[PDB]
Undergrad: 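Context: structure of selinexor (bound form) in complex with Exportin-1.
The numbers used for chain A are those of the PDB entry, and the residues that appear cover 127-147, 150-157, 162-179, 195-388, 401-1071, in sequence. Whatever order the structure lists them in is the order used to number ligands and atoms, beginning at 1. Computed over heavy atoms, backbone and side chain alike; hydrogens, waters and symmetry mates excluded.
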Amino acid sequence: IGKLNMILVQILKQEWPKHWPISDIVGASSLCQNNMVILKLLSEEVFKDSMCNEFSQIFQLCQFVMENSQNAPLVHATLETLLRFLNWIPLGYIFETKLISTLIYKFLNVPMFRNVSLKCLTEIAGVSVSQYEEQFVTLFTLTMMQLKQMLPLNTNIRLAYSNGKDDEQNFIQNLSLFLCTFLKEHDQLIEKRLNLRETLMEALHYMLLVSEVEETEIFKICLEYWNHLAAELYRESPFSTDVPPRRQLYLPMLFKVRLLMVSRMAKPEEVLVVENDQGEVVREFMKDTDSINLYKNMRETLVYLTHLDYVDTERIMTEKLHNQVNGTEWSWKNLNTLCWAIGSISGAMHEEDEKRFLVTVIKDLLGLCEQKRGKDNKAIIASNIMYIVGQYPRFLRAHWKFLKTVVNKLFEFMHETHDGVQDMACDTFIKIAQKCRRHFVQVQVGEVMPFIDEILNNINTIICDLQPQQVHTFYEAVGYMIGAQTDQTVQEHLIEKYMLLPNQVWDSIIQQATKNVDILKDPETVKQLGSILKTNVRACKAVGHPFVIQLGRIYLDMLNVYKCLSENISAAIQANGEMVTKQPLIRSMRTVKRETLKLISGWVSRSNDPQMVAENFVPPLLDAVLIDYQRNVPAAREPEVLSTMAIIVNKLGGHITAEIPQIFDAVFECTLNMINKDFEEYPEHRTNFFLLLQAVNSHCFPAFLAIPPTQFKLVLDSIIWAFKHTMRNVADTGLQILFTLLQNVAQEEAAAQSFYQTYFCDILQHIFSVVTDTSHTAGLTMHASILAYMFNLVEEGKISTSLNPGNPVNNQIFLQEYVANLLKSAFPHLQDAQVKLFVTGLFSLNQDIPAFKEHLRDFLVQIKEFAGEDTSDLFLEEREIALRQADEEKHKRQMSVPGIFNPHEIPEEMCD
Ligand SMILES: *[C@@H](CC(=O)NNc1cnccn1)n1cnc(-c2cc(C(F)(F)F)cc(C(F)(F)F)c2)n1
């Protein structure tokens, strides 16, 4: 039978609404199950209004069979088929006939059909129309009356699911789905009925009970429902906490919802230390895409619920915590979840209320800590307390004494030997310093000297046990702390003391190399240089422009080291082969080179005085890098060279234009040959290459007129290869570069005319080739813009030269028959008059980009329809725009609700 199903599937793929526009349903008039399975298969071959009215033929027979047949397998199959086709069957059939009553009385109460029957009702609940309001109300009230008998509220759904059979678990899931969907789409319908409120409480009670099922999927469904309900009630009246109607109706059970939320809170990402299944405390090692989304939903729900009632949230939390300190419920799981909840509602709340809540929370946590002696408990408590103080910079910035105590204890934790406590401490140290910079540098109340100095004077001891990654983390934190010091005369000394330890190591290594360069081949020396350069990169990332004070100190030695490592690795590769790059020592040297380039790129991207950058830093970099990049084989070419060139060109523009020819002489031709041959070989080099090309085109276009034309040929060839590419991102970048290049070249007279005569027809031919080929339909707007631009330039007469070399002819007419011939070649079946009309319209629309786009799209769509080809992807950008608009709207809404985003996530950093 499988072969028949596959053959029918393939036949359906061959344009069902054209080749087979439902007739087989007649055969069901013992065989009905075969029909139902066939349509079940068809239900996924279907992806608007695909002649959907003929689904009524399915529904009529389904009602007939449903109303009259007792064959349980057949009933199940028919119910499944209807479950699929409720997405399209006309509404005037489902809501008018005996359907709802028929299955709610005849099947929903029967185990053989319970799950499918409830799923069918879920799909009916999924219909979202203002019509049939009374039928929806009847559906919900009757379904509740049924499932009340079938699953009484007194049942402990947690236990029933945990020990329940597979079908029972599926029934619990389907009940959750039905309740969630129906209340989402019709709660206002139910709430408007005074007498039904008790049944609404029954639904809410079911939601509470089913929310306690452990399995992640069930709780995800319940959480989505709770998120919807909380959002709706919050938006009913978000400014206060008399009660509005809906909130008044839901309040009698909101408390249980908050208790559920706090009890079951998922792990935040910032918590590195977790309890392992074997009963021990360890650092986290894996992540799940489910966890992040579940945590985000959990945070949304709980922040909405807190906005609904602040006092009650405080009460709940403070009581759970008072309980766990008392030892009534002491357990790492409970404390972890409670502290995750305490940190998750960070923000929101209010200022004085947050202070009041956190004072008691910190007191209770400290006492709990001071009571538990076991090392595992001491780690769990420390981790949780770190998470709390990490998520509440608002509290810290108002209490200097506590902030200093937290920082000192965090340093004490940095020495703690436990697996993940050090990482927790350093990550929290960033989260503190980043969001509380000014307090560290400004002399606070009572103290004599800024806290940054107590850090720097003891930095070596503070970093006397850290893993190198944690060392870079800590240096980045200190970098943020210094970065806020506005006084340059003090910031320079702070930087010098700040960098003093790695600068000492650097000076030692440089002195050793000067005495003998062979030291650079020692793996330990290379590793230390890599660590120092990573520290410098992170410090530059933090401090920003003032980092030049440190950078200029070591710049020349850094480039000398780069040259020495370049020579070493190049000689090694030349002597022993390309695979030499795989050796750990060679990889470490390449890491040193990569970090040098990254440091320069990082500093330049934040520099604000391009003149001095061009004068001092650029020429040594070019001398040290370009020849190496040209000479090395692909296996040893650093893509960070291209990235740095992109960044430097972007920042400097006209100040570096004179150097562009050399850069292209060294890089361009060498790198291009690596990209073209095989697409996947060097994705990073490809990306950095097109970044460089876009930057130089945008900010240093005159360079293209300086380089020899034989190489500008390669530039245009690379751009054309770029937009003809298959992958979306590279094609988009190619189109952007092409359009910018046209705009730029339009401004230089002789260059404009020569470029037109040499390439205009080639570029147009390639653009129409890609458009007709449709291989990159997503960029059709850019294609329309480019085509319109060229059509305008020719139409306005700005192309003074005759495009045809051999024929004295008008440019407009010439381009007209040229594009007509091109279109005819692409699609030989097009008629002459059709193409003539299309080209005349297209030319007439050169002045209006949206109109041009829609004209071209309509022409291409009718070509597809002649070919019978799918037109869905030809509107892909529009649908993508819709998705982006929806996402941006959601983001816009979330920022309006305090607490949904972490204090370390909002761009709107409050003062201090
Ligand atoms: C409790 C253990 C402790 O802090 N001190 N025990 C002593 C004191 N004197 C002599 C002998 N033993 N404990 C565990 N964790 C914390 C704690 C952690 C943090 C954080 F920054 F790491 F999150 C901060 C603080 C605070 F509130 F700043 F004190 C305490 N305390």
Undergrad: Where does the model put a covalent connection between selinexor (bound form, ligand 1) and the polymer, residue and atom please?
TA: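 Covalent partner: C528 SG.
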Undergrad: In the PDB record, where does chain A come from, organism-wise?
TA: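 The entry gives Homo sapiens.
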Undergrad: Write out the binding site of selinexor (bound form, ligand 1) as chain and residue number, heavy atoms closer than 4.0 Å.
TA: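 Within 4.0 Å on heavy atoms: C528, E529, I544, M545, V548, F561, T564, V565, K568, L569, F572.
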